Amino acid sequence: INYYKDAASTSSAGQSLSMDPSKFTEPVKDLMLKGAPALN
Amino acid sequence: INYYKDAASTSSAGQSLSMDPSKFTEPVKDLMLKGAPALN
Amino acid sequence: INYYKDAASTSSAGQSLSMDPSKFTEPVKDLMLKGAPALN
Amino acid sequence: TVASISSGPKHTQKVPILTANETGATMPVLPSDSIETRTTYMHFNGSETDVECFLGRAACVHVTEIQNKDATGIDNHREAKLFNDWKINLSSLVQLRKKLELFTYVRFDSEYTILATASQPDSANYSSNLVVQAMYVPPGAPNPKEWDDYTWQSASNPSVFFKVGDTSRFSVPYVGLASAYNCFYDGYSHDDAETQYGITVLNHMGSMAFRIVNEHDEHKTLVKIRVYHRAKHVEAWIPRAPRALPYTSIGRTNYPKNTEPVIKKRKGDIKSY
Amino acid sequence: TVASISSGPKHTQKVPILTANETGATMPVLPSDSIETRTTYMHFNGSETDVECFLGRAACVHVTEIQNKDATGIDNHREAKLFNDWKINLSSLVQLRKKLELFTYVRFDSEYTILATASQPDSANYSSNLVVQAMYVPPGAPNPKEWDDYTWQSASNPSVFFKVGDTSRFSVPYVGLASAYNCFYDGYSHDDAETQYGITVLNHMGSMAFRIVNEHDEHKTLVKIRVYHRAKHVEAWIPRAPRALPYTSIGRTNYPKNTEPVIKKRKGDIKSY
Amino acid sequence: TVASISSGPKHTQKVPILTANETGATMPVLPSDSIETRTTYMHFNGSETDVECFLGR
Amino acid sequence: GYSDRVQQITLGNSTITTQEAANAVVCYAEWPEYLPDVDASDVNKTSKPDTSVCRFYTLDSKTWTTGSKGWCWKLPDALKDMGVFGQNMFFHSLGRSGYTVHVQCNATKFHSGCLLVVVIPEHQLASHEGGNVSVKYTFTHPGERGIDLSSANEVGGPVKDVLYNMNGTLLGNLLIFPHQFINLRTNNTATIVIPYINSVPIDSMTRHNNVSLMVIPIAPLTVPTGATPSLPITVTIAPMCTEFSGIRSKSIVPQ
Amino acid sequence: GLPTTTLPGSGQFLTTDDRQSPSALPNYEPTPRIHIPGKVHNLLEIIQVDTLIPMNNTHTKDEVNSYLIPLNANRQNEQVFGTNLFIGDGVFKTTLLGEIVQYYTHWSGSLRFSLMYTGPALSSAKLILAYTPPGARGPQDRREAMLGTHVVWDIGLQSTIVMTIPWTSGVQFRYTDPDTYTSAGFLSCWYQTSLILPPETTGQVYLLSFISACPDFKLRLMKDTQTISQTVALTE
Amino acid sequence: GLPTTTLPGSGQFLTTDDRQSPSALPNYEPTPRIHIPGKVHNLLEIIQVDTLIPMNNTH
Amino acid sequence: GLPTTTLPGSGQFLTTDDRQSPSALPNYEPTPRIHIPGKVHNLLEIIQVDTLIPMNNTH
Ligand SMILES: Cc1cc(CCCCCCCOc2ccc(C3=NCCO3)cc2)on1
Ligand SMILES: Cc1cc(CCCCCCCOc2ccc(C3=NCCO3)cc2)on1
């Protein structure tokens, strides 16, 4: 129950439960498959 | 009504109403019947 | 609404609205009718 | 509901007003058995005479006192009121007692309110703020000996901490050993030739102990505890004659010697108005 | 539920009362196996002996003390009780300890209540109003060194601020590293020839630190902290023999030398009543 | 959720543990690519590492 | 014609027969079983030597005499040197096991005496020094020799006082632990099956013992007239459902 | 803003109340539970396991010997042991039953008292155990004893005898701390015929005695035990 | 957090008010009731039994 | 007026609690979000990127 009118006044947000490290761990242009050779 | 998000914050648990003394009072391998001889 | 788990914690009881003085006012073994003679 | 029905002249062989009181009954005679009446309604239910209502308001049952002071060199805390215990019991202050003893057996839940106020009878710079800790102490329970014993840990014993000036309130289920509490008991705890007699051998809820949690300031502070008790969920059996003479002891029926006549003497004749 | 069934005379070849205790069992013998009984009902559930109930009330687990005073020229705040830390731990005050050690492994959530009261043992004009700040400080956590270090910023570490005289209350989930807390541990932290032994190497919740946020007034104020702990959501495995001798140390089973006989000697014979 | 799957001996032409870090990637290698593992579950969600939680006290 | 009395336990390449048993106890009514995945944490596949480790090792014999106070062995310690069980033990980082314990003591129908055979999960011993003196490693790792409760206090060792179970509890209440009596007049062996009991799914076998087996004379040995005044007691123990994990170099432990 | 009124008791801390609290560690994930044999749910589960009673209390320092009740060969008519039944005190007090009863104020229910015989197999004996319900004195001779609850025990192949002290009471609860009104009786044991040892055998034989509660049993109103105390906080 | 306002009378103790309270003895089981003749429910029940009047008050 | 009781902990400030508060700036409209590459949701996302270890610590 929100007792207040504005959105800033609500409690903390709830877990992204998004999670996708590939923008950080695999930003390569041509896709690399694990097990296939790195450099062909 | 829980007012809080986490489970630790809820009140005391409610009675097991489990109760089974046999693990402590009769841990024998071959079942003993009351009234039958203890050692055959 | 009870906020508490135990019965002792609830408020006062509510009126018997029982009321039967005959155990105190007429505990006689043979029933006496008003208007009939007391001793026959 | 009618309080009176309409009734007119009578010339009968059926006389409801002649009875034989030797029988032990109180025959239910009404105004309309002996005068001519008109209808009237009751307009009333008898709500406020219910035993739950009669025993259901808080009554002061105990006033004790403890002090906060330097215990340094005190050989007997209990004796310095460094903490004080109360052999729990409900028939010590007398107003509520007469009310309960209108019945022989009584059963109910208790709601306790504890008010604590402080006094500083001799020169203090200020009023300190003390926290009281009253803890239940039932029979066969290690008893506190100093005001800061291991006892006060109260790991298994219910205790409440509140501030002096405030009030504490909690409710205890009916803790009697039998089905009801005996308001009276014409027995002994065993057939001993010298054992005590009456209710004290049966009412044995153990006792309640109070202390201040605070260490001492430079002045001394008197804290006086008042315990109030309210019966809730009341059940009462077997009415008895009300108490006429004054009380002398917790738990015995004894009255004082050379007491005074309790029935008011007429100023005049039997014939006087 | 029947507590006893009705049972009459017996003349059998089937004797339930003869057993062989060497087997390790406790055969479930009842009054009705050896006397003639009548039916009676239990009228009871065993509610208040549930382990959740047994370990579920607040027990005092720790009393510490800190003071508010001018830190000017104090070379060691910790040492002046300008703030004090508590190597957290639940087996130091002993009432709750005996209760927990009835089990080998225990798992539960904790609810802490912290009561703080102030004392002014020497001449003050008044009672000041101090705010306490107890902050959690787990292992491998920069430790406070002065009563007003960067540590107290506590940007990532849960801390509660409450007023002296009041109480603070919060609840911490079961923080054990394993599936249960070991009440006992017959091991070492590694196969070292001189490493310590027992539970202390396993119970390593880190510690809890307290301080007053207020700067100093002209007088000095003693604040004494009492931490209460209540287990909620209890789970206990493997019952053990209750503690008989007194305790000497947090985390070891050791008892004192030349202790006294714990079994009461008869005043009379084996035959005595 | 499985934290580790069961995996046994390997004698392949397909080597997941040889990579080229010059590429800028961190290849997602697991215990089961180089030892024999048994199944185990995570039992955990990563709740308390959410940025809302990290900056939220 | 089956009696509670005669029994055969075959485990691996070894068999035990008793013609005078008194049933058998299975701790907490649970039988040893391997570690399920749902309970697993370490990702390593475990090693289950089976029949080469799950057989019966008979420890060296003790001698019950009228002065005996009782003996105490710790598991897996007592077996630290038995065959391949022991090797596996020193060579893996973690291991887990249940056991069948069979304690033997026969006499004649003229002797009297009664031993308590009990298994105590997590038996943390007390220092006889009091205070917070610890009990050094070696002292709680006696190996097959076990601890002799009638031996003298030593320094860094545990207290050996029997009315207190070596920990501040009374001998009389040891009966809350899985146990069985050997009463010369009834019984000649005691057998207890121990499931693996720990707060972690698998642990180190060298830094932590998870049960102490204790044999304690309670009704003193009384031999017939002009009999030799003593009887030997033998303990045979078999690891069951053993699993080892995290193999490597081979632990080096004090002393 | 909703109008409220606060009642007496506001701000109090009652160690026995059960309410919700904020978690200090928001979002933390506890370690998974694994299975452990032995879970206890009720103290009523464990007080049904029997434990030994130091009946032979007559020593002067605690010894293994106060668990042993001695028996003499060839005595006739005589008394083996006696005790009152204050389960919260005296012999009972250190037993597991005694030890738990002490965490509660009231108890009700039946008790199971058993004796296991340890004499040579070629000996024989007949004993009588008697329970004397409240109201009479501890019996002074078997004649007196045999008129109340009793079992003639014949020592045989079956080594133990289980006597039950059936709940005999006016009031439905008794106090665990000993008190009179609430007292439970006496337990005595006498030779019914007598112990007889085989040839080549000699001396005393002993009985071990246990106590546990029947499934009948009720304990209520928790409190603190007189069995443990302390003078300064312990440290590491 | 829900916004509240406290009214006059907050914190007072009125010996006649009737509200709920926490039980000090959570989970305790009271002794069963047995039957007892004579239960009273209203004081109105008993004032209908007649009793003697010391009319001759002149002593 | 609805009867209430306050519990232990009233008035405390726990830096880790999560509740509602009045907004000081009623009705204010925040700047629109635009898209920015790189959003992080969990610290678990970033500890999977490898970084160099100063293994040769001997300086
Ligand atoms: C006649 C007659 C009838 C009665 C009943 C007396 C029983 C009342 C005593 C029982 C109250 O028990 C308590 C329960 C809890 C606490 C307590 N909890 C926290 C602090 O104190 C104190 C007493 O007494 N005389
Ligand atoms: C046996 C046995 C079992 C146990 C369990 C001990 C664990 C209890 C310590 C953990 C409590 O953790 C805390 C969490 C939060 C805070 C805190 N939050 C704000 C202020 O303090 C303090 C401690 O210990 N011994």
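In what follows, chains carry the letters A, B, and so on, assigned in the order in which the sequence lines appear, proteins first and then strands, with residues in each chain numbered from 1. What you see below is based on every heavy atom in this structure, not just the backbone, and it leaves out hydrogens, waters and symmetry mates. Atoms within each ligand, like the ligands themselves, are counted from 1 in listed order. Lab note: partial entry displayed, contacts enumerated inside displayed portion only.
The largest share of close contacts with ligand 1 comes from the chain named in UniProt as Capsid protein VP1. Present at ligand 1 is the drug WIN 51711.
The letters of other chains with a heavy atom under 4.0 Å from WIN 51711 (ligand 1) are D, I. Around WIN 51711 (ligand 1), within 4.0 Å by heavy-atom distance, are found D:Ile88, D:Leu90, D:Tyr112, D:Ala134, D:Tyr136, D:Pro158, D:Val160, D:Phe170, D:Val172, D:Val175, D:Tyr181, D:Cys183, D:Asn203, D:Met205, D:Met208, I:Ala24. In this entry, the organism cited as the source of chain D is Human rhinovirus 14. The PDB entry names chain I human rhinovirus 14 coat protein (subunit VP3).
Examination of the model shows no covalent partner of WIN 51711 (ligand 1) on any chain.
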